[PDB]
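Caption: PDB structure containing tecovirimat.
The sequence lines are taken in order and lettered A, B, and onward as chains. Following the PDB entry, chain A shows residues 6-372, kept in their order. Chain B is numbered as in the PDB entry; the shown residues are, in order, 6-372. Ligands are counted one by one from 1 in listed order, and the atoms in each one are counted from 1 as well. All values below were derived from every heavy atom in this structure, side-chain atoms included, with hydrogens, water molecules and symmetry-related copies excluded.
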There are 2 protein chains.
Amino acid sequence: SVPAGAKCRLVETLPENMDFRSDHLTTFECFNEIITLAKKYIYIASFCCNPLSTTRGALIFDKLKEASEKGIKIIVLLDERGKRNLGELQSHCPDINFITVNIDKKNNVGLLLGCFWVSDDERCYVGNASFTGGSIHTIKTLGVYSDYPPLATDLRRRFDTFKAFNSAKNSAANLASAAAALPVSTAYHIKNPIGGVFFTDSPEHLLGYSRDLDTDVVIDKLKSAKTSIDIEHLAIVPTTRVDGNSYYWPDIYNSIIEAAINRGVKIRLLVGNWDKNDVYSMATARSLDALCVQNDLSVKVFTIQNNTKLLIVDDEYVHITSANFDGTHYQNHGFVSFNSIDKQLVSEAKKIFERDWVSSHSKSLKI
Amino acid sequence: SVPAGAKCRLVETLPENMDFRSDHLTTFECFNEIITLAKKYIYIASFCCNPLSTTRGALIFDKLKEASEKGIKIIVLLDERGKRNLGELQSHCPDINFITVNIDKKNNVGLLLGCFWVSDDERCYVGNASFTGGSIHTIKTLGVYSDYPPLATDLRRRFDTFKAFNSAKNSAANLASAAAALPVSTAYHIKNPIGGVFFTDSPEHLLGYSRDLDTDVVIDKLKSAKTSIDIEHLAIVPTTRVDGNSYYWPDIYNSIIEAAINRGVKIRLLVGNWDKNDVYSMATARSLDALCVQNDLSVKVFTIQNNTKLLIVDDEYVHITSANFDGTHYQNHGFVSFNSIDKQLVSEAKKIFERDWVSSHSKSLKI
Ligand SMILES: O=C(NN1C(=O)[C@@H]2[C@@H]3C=C[C@@H]([C@H]4C[C@@H]34)[C@@H]2C1=O)c1ccc(C(F)(F)F)cc1
């Protein structure tokens, strides 16, 4: 019988100089566990790789180095734009396979975030802690750890898809022939979750015929919200800038406002500070402020380094990812999002949002 | 051979105390022509009927009264909410058939605007001049007159649909049986225009299987705009208030911003003033203002009484209607919109927008 919640527990980076506390497994403890228990492989994917920037990051890197010397197959996927550290990394760990990835050779916009560890087809982390010293030690992050092999194995299948986009030797990133020669498979999805858990995926051109596009799942859940929407992301601005040209994409932004105005949903947005000289973020803040007057919309801002990407709907659905709710991300970037409708796990996430909401690092939107 | 433009010419109400001038047929001249030439019927549809409020309105009413006494079948459709004047109207013209209409007995939101005259299946006016003294004399309006029978006859078919919703005697407004027993037909549409002209229709539940929903045509044209978008409407606010409850509907609002930010379209919005205490209109103005900074978006406001509803895209498409670009209208109200891609007619409309844009009644958006 499948265990409800698929053996998932929350994982946090709660830096010493911030006021957040919890009993959850820390990112540092979690990565140490995955490395300690590994017998065949450890596969890691994130945008940047920079473990040596903090004390705990370098400790994790040493344990990983030691594993690679005992015969563990260690593969680290990073985006071709996070490749500056590469020589430093390869000199530290000559037995680890560092692979740079370009998932968007057509337009050079899409980036690999993935942000997960999987090991031995039995254990995995997924969330928003990159393989950097900051995400392991000094930056607030949120993720999920599971030792349920069916779920871990499903996450490794995302690693198979991303590894195909290696920057070398015309296979699936430099050849459209063997890029269709990779079955982009998933065992679980929103129509067939495992113990209440499933992964959603991005972008659409890597989706294949069986995976769920995270854009569609997220927007549907926002539009289904009957009571409450809690979001902790870096920004909700319907505009992003790419190539020095602004790009308007209001799909999520509209879904939130629609829930508030048309359906009466209580919404709490905890988002990052913005540049007062960025007219598109000032304008967005001013509009959010006006909605706070006449609706049950509330907005608070943080200035701490914080990678948390969390969405909770109606206390029945939790979504934790590495992507930010904006158009550059949901139209282009390579990442995998954690979805669960397990009531217990959702309650733990809600307990984390309530904490962050009243933290001293969260200040009510003032305009 | 079908005459290009389908014999259409613009029609205007240019009040004496405003600075607008043109050589176009006036609403007063136009209505006098339709009445003078009528041999079988005159069918009129608008929200309110109140001719006696101005000198020219009452003159039109006298000519209409005189026609009804010579044997012309005169039918005037008005919404059940414009029925206060009815006793005054029926005492003035006992031989005119005044019919009140409720197109939305299900929810009591949708209103009849129609706003057109058709006569003898040969002549018609369509635009935003209601059958009121104000629209005929003291309020700026814009419309189209044609004496091309194929086009007039197509407009009369809209009158057939609306007349079915009479508030009396369970047929198509109080019975779902004989409401499906009315063929909702059109001869022309966007896929089959007559001389470059076609009508679009609203709302969707009166649409039948062959008419175009105005929402879809308008949004498609905005999304197709390659160069320019010129709009003169009463408001572009993505929120409207119905039943003392606000309703968010950003579809058109988004299409405009998308054209400006993503596609570089030069946009000029000439809209009505707003209540400074209406937070949703203040917020909308503030956002439009921010877009004026970084884009080729320009906004001017008028305070005159002005019913003009005009959209021009790329100097290749003109759209003149009685509905305002908002969600209450495009989801609920009964109206017919004039569409033309005739280059000559579009140039005349563009000449009118350029005039209004630099009129002294048009003041640049100041926030
Ligand atoms: O979203 C609204 N305004 N608004 C945009 O359209 C965005 C675009 C324009 C400026 C910035 C960014 C460039 C993108 C954003 C902004 O704040 C808004 C929503 C609801 C209401 C109402 F109060 F009516 F309910 C009014 C306004």
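- Of all chains here, the one making more contacts with tecovirimat than any other appears in UniProt as Envelope phospholipase OPG057.
- Using a 4.0 Å cut-off on heavy atoms, the other chains next to tecovirimat are A, B.
- Heavy atoms under 4.0 Å from tecovirimat belong to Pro243(A), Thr244(A), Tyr253(A), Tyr258(A), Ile266(A), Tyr285(A), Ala288(A), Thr289(A), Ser292(A), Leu296(A), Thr244(B), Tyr253(B), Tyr258(B), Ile262(B), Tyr285(B), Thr289(B), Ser292(B), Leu296(B).
- Distances below 4.0 Å separate heavy atoms of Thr244(A) from the following atoms of tecovirimat: 13 (C), 14 (C).
- Atoms of tecovirimat found under 4.0 Å from any heavy atom of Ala288(A), numbered from 1 in the order shown, are 10 (C), 11 (C), 17 (O).
- Per the entry, the species of origin for chain B is Vaccinia virus Western Reserve.
- Among protein heavy atoms, atom 7 (C) of tecovirimat sits closest to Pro243(A) CG, 3.9 Å.
- The protein heavy-atom contact nearest to atom 17 (O) of tecovirimat is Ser292(A) OG, 2.2 Å.
- Interface atoms of tecovirimat facing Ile266(A), defined by a heavy-atom separation under 4.0 Å, are 25 (F).
- For tecovirimat, none of its N or O atoms has an N or O atom of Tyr253(B) under 3.5 Å away.
- Among all non-hydrogen protein atoms, the one lying nearest atom 23 (F) of tecovirimat is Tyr285(B) CD2, 2.7 Å.
- When each atom of tecovirimat is checked for a heavy atom of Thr289(B) under 4.0 Å away, the hits are 24 (F), 26 (C).
- Against a heavy-atom cut-off of under 4.0 Å, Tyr258(B) is close to the following atoms of tecovirimat: 3 (N), 4 (N), 5 (C), 6 (O).
- Listed by atom number, the atoms of tecovirimat under 4.0 Å from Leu296(A) heavy atoms are 25 (F).
- Residue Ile262(B) approaches tecovirimat through these ligand atoms, each under 4.0 Å from one of its heavy atoms: 6 (O).
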Are there any protein N or O atoms under 3.5 Å from the N or O atoms of tecovirimat? List them with distances, or say none.
| from | atom 1 | to | atom 2 | distance (Å) |
| --- | --- | --- | --- | --- |
| tecovirimat | 1 (O) | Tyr258(A) | OH | 2.8 |
| tecovirimat | 3 (N) | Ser292(A) | OG | 3.3 |
| tecovirimat | 3 (N) | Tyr258(B) | OH | 3.4 |
| tecovirimat | 3 (N) | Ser292(B) | OG | 3.0 |
| tecovirimat | 4 (N) | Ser292(B) | OG | 3.2 |
| tecovirimat | 6 (O) | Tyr258(B) | OH | 3.0 |
| tecovirimat | 17 (O) | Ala288(A) | O | 3.2 |
| tecovirimat | 17 (O) | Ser292(A) | OG | 2.2 |
| tecovirimat | 17 (O) | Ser292(B) | OG | 3.3 |

